[PDB]
Chemist: 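Let me give you the structure first, and then I'll get to my questions.
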Protein chains: 2
Amino acid sequence: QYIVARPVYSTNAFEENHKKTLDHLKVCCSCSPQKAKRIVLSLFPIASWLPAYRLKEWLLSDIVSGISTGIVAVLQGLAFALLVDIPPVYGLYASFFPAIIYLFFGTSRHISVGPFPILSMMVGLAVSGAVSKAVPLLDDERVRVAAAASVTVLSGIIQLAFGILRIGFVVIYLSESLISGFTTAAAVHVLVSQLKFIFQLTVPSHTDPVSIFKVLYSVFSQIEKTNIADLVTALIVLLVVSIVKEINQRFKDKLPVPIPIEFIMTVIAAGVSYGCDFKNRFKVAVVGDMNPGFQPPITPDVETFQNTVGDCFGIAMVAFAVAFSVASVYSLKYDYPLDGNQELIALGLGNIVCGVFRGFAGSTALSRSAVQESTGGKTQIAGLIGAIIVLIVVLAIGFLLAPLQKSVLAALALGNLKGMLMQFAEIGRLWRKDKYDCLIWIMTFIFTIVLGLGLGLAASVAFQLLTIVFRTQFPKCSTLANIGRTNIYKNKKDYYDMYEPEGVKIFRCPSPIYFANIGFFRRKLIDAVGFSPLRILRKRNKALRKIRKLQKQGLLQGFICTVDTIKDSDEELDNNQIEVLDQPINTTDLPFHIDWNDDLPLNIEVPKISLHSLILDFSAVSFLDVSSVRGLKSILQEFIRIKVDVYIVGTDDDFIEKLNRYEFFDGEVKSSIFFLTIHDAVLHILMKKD
Amino acid sequence: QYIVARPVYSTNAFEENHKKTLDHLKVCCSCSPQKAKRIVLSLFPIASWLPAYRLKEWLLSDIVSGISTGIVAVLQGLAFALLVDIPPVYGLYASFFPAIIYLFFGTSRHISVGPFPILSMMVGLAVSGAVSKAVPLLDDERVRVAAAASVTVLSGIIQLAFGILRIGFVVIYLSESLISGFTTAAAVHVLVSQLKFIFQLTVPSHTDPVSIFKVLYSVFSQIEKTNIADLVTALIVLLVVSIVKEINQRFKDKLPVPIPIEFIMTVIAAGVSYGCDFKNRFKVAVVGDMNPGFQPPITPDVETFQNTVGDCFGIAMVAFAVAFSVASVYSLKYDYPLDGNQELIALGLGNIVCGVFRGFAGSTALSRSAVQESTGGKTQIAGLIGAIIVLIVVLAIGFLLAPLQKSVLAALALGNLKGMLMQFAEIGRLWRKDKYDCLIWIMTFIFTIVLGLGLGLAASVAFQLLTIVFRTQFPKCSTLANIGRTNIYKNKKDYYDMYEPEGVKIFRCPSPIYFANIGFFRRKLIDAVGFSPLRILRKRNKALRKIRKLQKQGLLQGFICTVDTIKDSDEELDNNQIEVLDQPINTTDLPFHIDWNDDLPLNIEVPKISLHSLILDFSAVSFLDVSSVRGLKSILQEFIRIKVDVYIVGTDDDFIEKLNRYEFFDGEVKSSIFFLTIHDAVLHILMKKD
Ligand SMILES: CC(C)CCC[C@@H](C)[C@H]1CC[C@H]2[C@@H]3CC=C4C[C@@H](OC(=O)CCC(=O)O)CC[C@]4(C)[C@H]3CC[C@]12C
Ligand SMILES: CC(C)CCC[C@@H](C)[C@H]1CC[C@H]2[C@@H]3CC=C4C[C@@H](OC(=O)CCC(=O)O)CC[C@]4(C)[C@H]3CC[C@]12C
Ligand SMILES: CC(C)CCC[C@@H](C)[C@H]1CC[C@H]2[C@@H]3CC=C4C[C@@H](OC(=O)CCC(=O)O)CC[C@]4(C)[C@H]3CC[C@]12C
Ligand SMILES: CC(C)CCC[C@@H](C)[C@H]1CC[C@H]2[C@@H]3CC=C4C[C@@H](OC(=O)CCC(=O)O)CC[C@]4(C)[C@H]3CC[C@]12C
Ligand SMILES: CC(C)CCC[C@@H](C)[C@H]1CC[C@H]2[C@@H]3CC=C4C[C@@H](OC(=O)CCC(=O)O)CC[C@]4(C)[C@H]3CC[C@]12C
Ligand SMILES: CC(C)CCC[C@@H](C)[C@H]1CC[C@H]2[C@@H]3CC=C4C[C@@H](OC(=O)CCC(=O)O)CC[C@]4(C)[C@H]3CC[C@]12C
Ligand SMILES: CC(C)CCC[C@@H](C)[C@H]1CC[C@H]2[C@@H]3CC=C4C[C@@H](OC(=O)CCC(=O)O)CC[C@]4(C)[C@H]3CC[C@]12C
Ligand SMILES: CC(C)CCC[C@@H](C)[C@H]1CC[C@H]2[C@@H]3CC=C4C[C@@H](OC(=O)CCC(=O)O)CC[C@]4(C)[C@H]3CC[C@]12C
Ligand SMILES: NC(=O)n1c(O)c(C(=O)c2cccs2)c2cc(Cl)ccc21
Ligand SMILES: NC(=O)n1c(O)c(C(=O)c2cccs2)c2cc(Cl)ccc21
């Protein structure tokens with residue numbers, strides 16, 4: 001049973017009966033020989049797991065996973081190089097250099113970095129913006145490569161500058177409702193942007209607010225020019241891949257290393273396209289012969305930095321958020337301490353080295369990481385084998401992809417959109433849960449469809465921040481009362497036999513009071529008390545001025561009258577003199593001790609007040625700002641001058657220690673109004689009144 | 001003394017011992033004859049105070065205040081029409097039509113609407129943007145008037161659309177730190193923009209990111225062309241007005257209706273400029289003769305709506321925020337119910353009627369409202385007399401301002417910048433108070449100086465919203481303990497003789513848990529408990545799998561061994577099989593009842609745990625979202641499967657009623673874990689353990 005027999009404490013009788021107990025530059029600038037061995041081995045993390053490498057139980061699994069992710073990285077390299085309007089050889093450069101740099105500088109053991117379609121589509125939008133903003137067949141796709149490389153270099157520089165300044169916690173402003181709303185709209189963007197390769201149409205590059213319908217108009221105005229031999233091949237590839245992926249999602253009994261339908265269908269499509277001369281019989285958009293070898297490095301152009309300095313921030317944000325959210329899943333499994341700041345440095349170095357050698361930007365993909373982890377990827381040596389496969393495709397076997405339809409690539413990339421399109425079926429899962437994150441989802445989807453991918457992310461983040469203000473805009477403030485003659489105080493409109501003491505009003509605001517809900521708090525407090533205290537103070541001051549005017553006239557003196565009725569000379573105060581009606585009342589010059597409650601002398605009318613104390617339950621108020629401290633001080637000054645005691649209960653110690661440095665406590669609003677709980681304020685009032 | 005002898009309640013034993021107690025379209029669509037008389041008399045509020053008009057005590061004071069504000073409105077009309085590059089006659093139209101419309105449609109009794117310099121400067125920027133974006137001496141200032149009228153019409157339409165949709169609470173996103181940071185930067189903008197009239201220079205219109213230094217470069221590159229006869233006159237006017245304003249701020253004894261130095265200095269300057277032929281002796285920039293009469297109305301141009309649709313939103317926001325913050329001061333005095341939604345409708349109608357008749361936009365000014373209220377303005381009839389004065393200046397006495405220097409106007413408008421420039425001396429008043437609103441002030445000032453007035457307001461609002469996330473990003477989570485063997489639980493690192501029970505950990509997070517602080521909450525909870533529970537669950541599952549493998553081999557059977565030492569066959573789990581290490585443990589198929597704490601059989605190693613229950617004090621957690629509910633459910637599922645009881649205390653009723661519709665409670669995380677306070681959870685643990 002709950003038995004308590006303590007005295008009544010009031011936060012100053014408690015702090016005197018139980019006694020309590022440069023700034024950062026001398027702990028962060030101490031050059032020690034034990035700290036450099038931590039800093040270097042956390043900056044260059046290949047010296048930490050490569051000596052501690054269990055060879056005999058990991059090498060074969062890493063080799064198998066490396067081959068099985070290198071084939072997928074080759075097939076996804078020259079398929080994401082079509083979302084950018086560059087030749088498809090520049091997609092193989094994008095999946096080789098970051099996989100080499102992340103081997104030396106990365107912390108995650110299970111992701112395989114390369115390109116992934118949302119970031120390559122954002123790069124494809126930014127390069128068309130840089131082309132359309134620059135001052136003055138093969139000469140068009142030269143400046144596309146030369147500007148995509150510079151967009152990649154600038155995004156890597158931004159990511160490296162994030163990683164050096166140790167701001168790796170920027171992923172927490174990217175809640176999963178915003179990610180789930182951005183991802184389906186990016187999937188719709190991919191599905192629309194890959195229509196011009198299935199139908200084999202010619203679409204000009206659009207870079208504007210809404211461009212998901214400009215591409216739709218430019219495609220659907222020339223449906224009569226659709227190559228049937230490309231559409232039939234893309235439809236045949238698309239329904240086989242979905243059926244075999246459905247079979248691979250089910251049927252997982254006696255089935256190790258599930259059947260790769262993408263590689264098999266690509267081999268079959270390339271063999272058919274070579275054997276029957278599909279470039280000459282029909283007229284298809286075949287992937288031409290790539291130059292065997294790498295390209296010499298280019299200097300990044302300066303005039304395209306100043307044109308796309310806004311899009312590279314969004315590219316860096318998306319490339320860090322995706323590569324953190326994917327890697328944290330495999331970090332919760334296997335229990336390794338993934339470091340957020342080193343990921344930005346590794347991805348920035350990988351993107352810089354990729355952009356110097358004419359690649360394009362990218363981070364890890366969810367499907368390639370799932371292929372690398374599901375087939376037994378133990379460490380990042382599988383990424384090295386996956387990069388060696390792309391190296392041997394670039395150097396030697398480049399002619400084997402020369403009879404590739406370029407519509408089977410767009411059909412394969414439309415294959416695994418079902419993972420990002422099923423999240424449409426969660427709005428109903430969010431409508432019956434919060435109705436604020438459903439709003440965040442809907443507004444993120446609308447802003448990403450309409451305002452593109454660069455501006456839509458910033459607009460959805462700015463709305464996600466406004467949602468938190470919407471949550472605490474109109475709090476459900478209530479009035480409390482006692483249940484069962486004990487220390488249980490709950491809401492008055494809930495239980496039956498609640499007892500409320502005489503002249504005590506316990507008020508509770510269940511939200512942190514800041515600038516958007518201080519006026520609402522004041523209005524709700526005035527409506528719950530029953531009067532405005534400034535109105536009663538002004539009427540009391542008017543009555544006191546009339547009383548002392550009658551005393552100066554020689555009528556009053558307790559307070560006996562001479563005549564029964566006087567004239568009702570309502571001396572109204574003009575401007576620049578009405579501010580004396582807000583002054584505190586002093587009755588030291590009078591012999592009587594008026595209380596403004598029983599009655600007054602002749603034709604003096606003052607509204608009555610039954611209160612003598614109110615209690616503010618501030619147990620849920622988390623913080624205050626200058627506007628709340630100013631408004632709260634203005635409220636308590638009206639409540640104290642009206643002879644009503646105020647108590648603020650339920651606060652802990654650093655709340656009072658923060659309120660000390662707000663110039664809150666003066667000779668009127670003393671520091672002895674803070675009590676511990678609600679019940680020892682009611683007990684203090686009851687032991688003070690009698 | 002505090003004596004309590006209640007039983008121990010657990011939010012389900014409490015709700016069964018004390019029994020408790022279309023949606024809005026049928027209360028908002030009820031056409032009643034008593035509701036129309038409220039709606040019309042709140043929409044057309046001149047029918048409410050004009051019959052209730054105490055004539056014999058208000059008429060003379062309203063006439064005096066009307067004359068004294070009409071002179072100031074005339075002198076401020078054709079001085080704010082120089083911040084826009086229009087002829088000065090179009091400033092007298094801006095202070096006449098809104099004062100007539102606000103008489104019929106306004107609620108405040110003490111503001112005098114007209115132009116005010118921040119909004120006219122924003123109009124002057126937007127009109128230059130509309131000129132510089134339009135496709136193709138007197139022909140330049142024709143399109144300035146024709147585009148400023150359309151910017152005014154669009155801003156009035158936006159304000160009227162705000163007032164009809166009843167969103168009049170948008171001023172609460174405009175905290176006083178943001179207003180105080182925006183106002184001084186607007187004052188610096190006014191002081192720089194009025195330099196070309198003192199020196200009498202020719203400056204082209206700049207409309208861009210940063211333009212406070214483009215005007216400074218265009219002025220200070222041609223200092224050698226400064227008219228000395230204008231600079232000397234502006235300096236003579238400027239130091240007299242400041243001295244007499246200092247004398248008027250002090251010396252307020254036997255001094256009614258303080259001496260207007262602006263009208264006297266304007267009369268003296270005009271008389272000197274006429275008597276000595278200042279347009280011919282020197283070569284000054286005198287205010288030319290205005291056409292006597294109004295202008296016929298124009299249709300607003302459509303092509304300039306689409307160019308400045310972004311700036312008109314900022315003009316409407318500033319025009320509502322200033323006219324609300326000024327009117328609320330005189331609404332707190334005199335006690336009248338000012339309505340926020342009617343102010344938007346009245347200002348929108350005033351701006352529309354002003355923009356049709358070739359005026360420009362505006363709301364009330366602080367100085368004109370102070371002049372109208374301080375001289376005895378009782379109602380809005382003083383605004384009507386102030387408009388009649390502007391009418392008689394436009395119609396008849398227009399030649400009296402024709403010898404006006406146009407540098408004395410810029411010198412007068414630099415006079416009362418001291419009210420908006422002294423707020424520089426509050427950063428030190430905000431540095432020792434919060435250091436978040438000092439940051440809001442500094443970032444608002446920097447964004448308004450750099451990004452102009454239109455974009456700077458939006459950027460400072462977007463940073464003000466981010467400040468609230470910065471306040472609750474890293475909360476100061478703590479561990480509590482008991483003081484003095486009673487129901488007082490406070491922070492463990494504060495007091496000396498705090499007692500903590502055996503195996504109980506009371507944890508407290510003093511912030512609402514949302515998406516930005518759920519990972520920090522999980523990391524702080526794991527660091528305060530002392531272990532990760534998923535690690536102990538995985539090691540317990542590995543040990544249990546080894547135990548049952550030894551049982552299948554025929555060695556174990558309580559739990560006696562056969563041999564002393566076995567081989568250390570560490571059967572490590574591959575991928576797609578390691579997720580069985582997170583499953584709950586069941587020991588129903590074993591005869592023994594292992595507890596994972598004392599010891600285990602041969603070479604089995606499990607980490608020990610001293611906990612058996614932890615308590616989460618959620619009294620300060622105001623709300624949750626889907627990310628917090630998901631992460632909290634994931635935390636409690638690890639803590640329950642490890643055989644550690646969890647209790648969540650300090651929550652009130654609608655917190656549990658909200659958590660019901662989150663799919664939070666299942667067969668594992670039952671609803672019986674919620675307790676009332678901290679002490680009756682500790683008492684429940686102590687009465688359950690023995
Ligand atoms: C939820 C909503 C309110 C958020 C804000 C949406 C706006 C950002 C969208 C909605 C309508 C859009 C406009 C709809 C149509 C057009 C015409 C379009 O014209 C062309 O592409 C050229 C046509 C030609 O040259 O003939 C240019 C973009 C624009 C202005 C769009 C710009 C982006 C707008 C303003
Ligand atoms: C806000 C969401 C929910 C709906 C979006 C509706 C509109 C904003 C969209 C739908 C149809 C779109 C239009 C569809 C086709 C075109 C043609 C397109 O191409 C041209 O005009 C090329 C030049 C020419 O041929 O004249 C320019 C964009 C435009 C006007 C689009 C502008 C944006 C529009 C009006
Ligand atoms: C804290 C985050 C938001 C990054 C820091 C702010 C950036 C958004 C700013 C700071 C430096 C700025 C740059 C400073 C100088 C220039 C050169 C300038 O070159 C010109 O040709 C001038 C005329 C013009 O293009 O407007 C173009 C803008 C640019 C790249 C600016 C683009 C915007 C930048 C990158
Ligand atoms: C958000 C924070 C952590 C980012 C910190 C880094 C940025 C402040 C720097 C990194 C690289 C900088 C860029 C490096 C080079 C240039 C080119 C420079 O071009 C010129 O001056 C034009 C010269 C010419 O046209 O001849 C304009 C600034 C800009 C875009 C810089 C803008 C500022 C950037 C993005
Ligand atoms: C606190 C800071 C980081 C906030 C972001 C600041 C930017 C929005 C500012 C800082 C530097 C500014 C730039 C500094 C100089 C110029 C050159 C200026 O050039 C001209 O006016 C034309 C010159 C010519 O024609 O010769 C155009 C604006 C611009 C790009 C400014 C645009 C606005 C910028 C990028
Ligand atoms: C961010 C805050 C704290 C400091 C701001 C520093 C810069 C962003 C400012 C200071 C000096 C400014 C410059 C001062 C003078 C000019 C000349 C001005 O006029 C012309 O160039 C006209 C055409 C010509 O004559 O070439 C254009 C803006 C510019 C470059 C300004 C651009 C913005 C600058 C670099
Ligand atoms: C909820 C708040 C933020 C207001 C609602 C959204 C507005 C910001 C949008 C909705 C309608 C939009 C307008 C819809 C159509 C047009 C015509 C369009 O005309 C053109 O010549 C098209 C090409 C172009 O200028 O880009 C110019 C943009 C404009 C005015 C748009 C400007 C932006 C507007 C006002
Ligand atoms: C924030 C919410 C509450 C505002 C609600 C009102 C707006 C949605 C409306 C009110 C007036 C509208 C404007 C009225 C007229 C026009 C002109 C119109 O011009 C054309 O279509 C061009 C025709 C041509 O060039 O021939 C473009 C949209 C625009 C700016 C409209 C944009 C949308 C506005 C601002
Ligand atoms: N598992 C696997 O081998 N693959 C995929 O999952 C692919 C996708 O459709 C992706 C959509 C978003 C990221 S990947 C894919 C595409 C090609 Cl061209 C070759 C192989 C592929
Ligand atoms: N009280 C008064 O009569 N006046 C002022 O206060 C003036 C200002 O400087 C203002 C600065 C911001 C708003 S007003 C002012 C200017 C002129 Cl041209 C004529 C009279 C004036």
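Below, read A as the first sequence line, B as the second, and so on, with proteins coming before strands; counting in each chain starts at 1. Just so it is clear, the values below take in all heavy atoms, side chains as well, and ignore hydrogens, waters and symmetry mates. Counting starts at 1 for both ligands and their atoms, in listed order. This deposition comes from electron microscopy, 3.2 Å.
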Chemist: Give, per UniProt, the macromolecule that holds ligand 9 with the most contacts.
Modeler: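 Most heavy-atom pairs under 4.5 Å are with Chloride anion exchanger.
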Chemist: List the drug name given for ligand 9.
Modeler: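 The drug there is tenidap.
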Chemist: Using a heavy-atom cut-off of 4.0 Å, list the other chains contacting tenidap (ligand 9).
Modeler: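 By heavy-atom distance, the answer is A.
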Chemist: State the binding site of tenidap (ligand 9) (non-hydrogen atoms, cut-off 4.0 Å).
Modeler: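 At that heavy-atom cut-off, the site is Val72(A), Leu75(A), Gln76(A), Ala79(A), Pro117(A), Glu262(A), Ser367(A), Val371(A), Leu412(A), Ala413(A), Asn416(A).
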Chemist: I can't find it - what organism does the entry give for chain A?
Modeler: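 By the entry, the source is Homo sapiens.
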Chemist: Let me ask it plainly: counting UniProt's transmembrane segments of chain A from the N terminus, which have a heavy atom under 4.0 Å from tenidap (ligand 9)?
Modeler: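 Numbered as in UniProt, the segments qualifying with a heavy atom nearby are 1, 3.
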Chemist: Which other ligands or ions, by number and name, fall under 4.0 Å from tenidap (ligand 9)?
Modeler: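 Answer: none.
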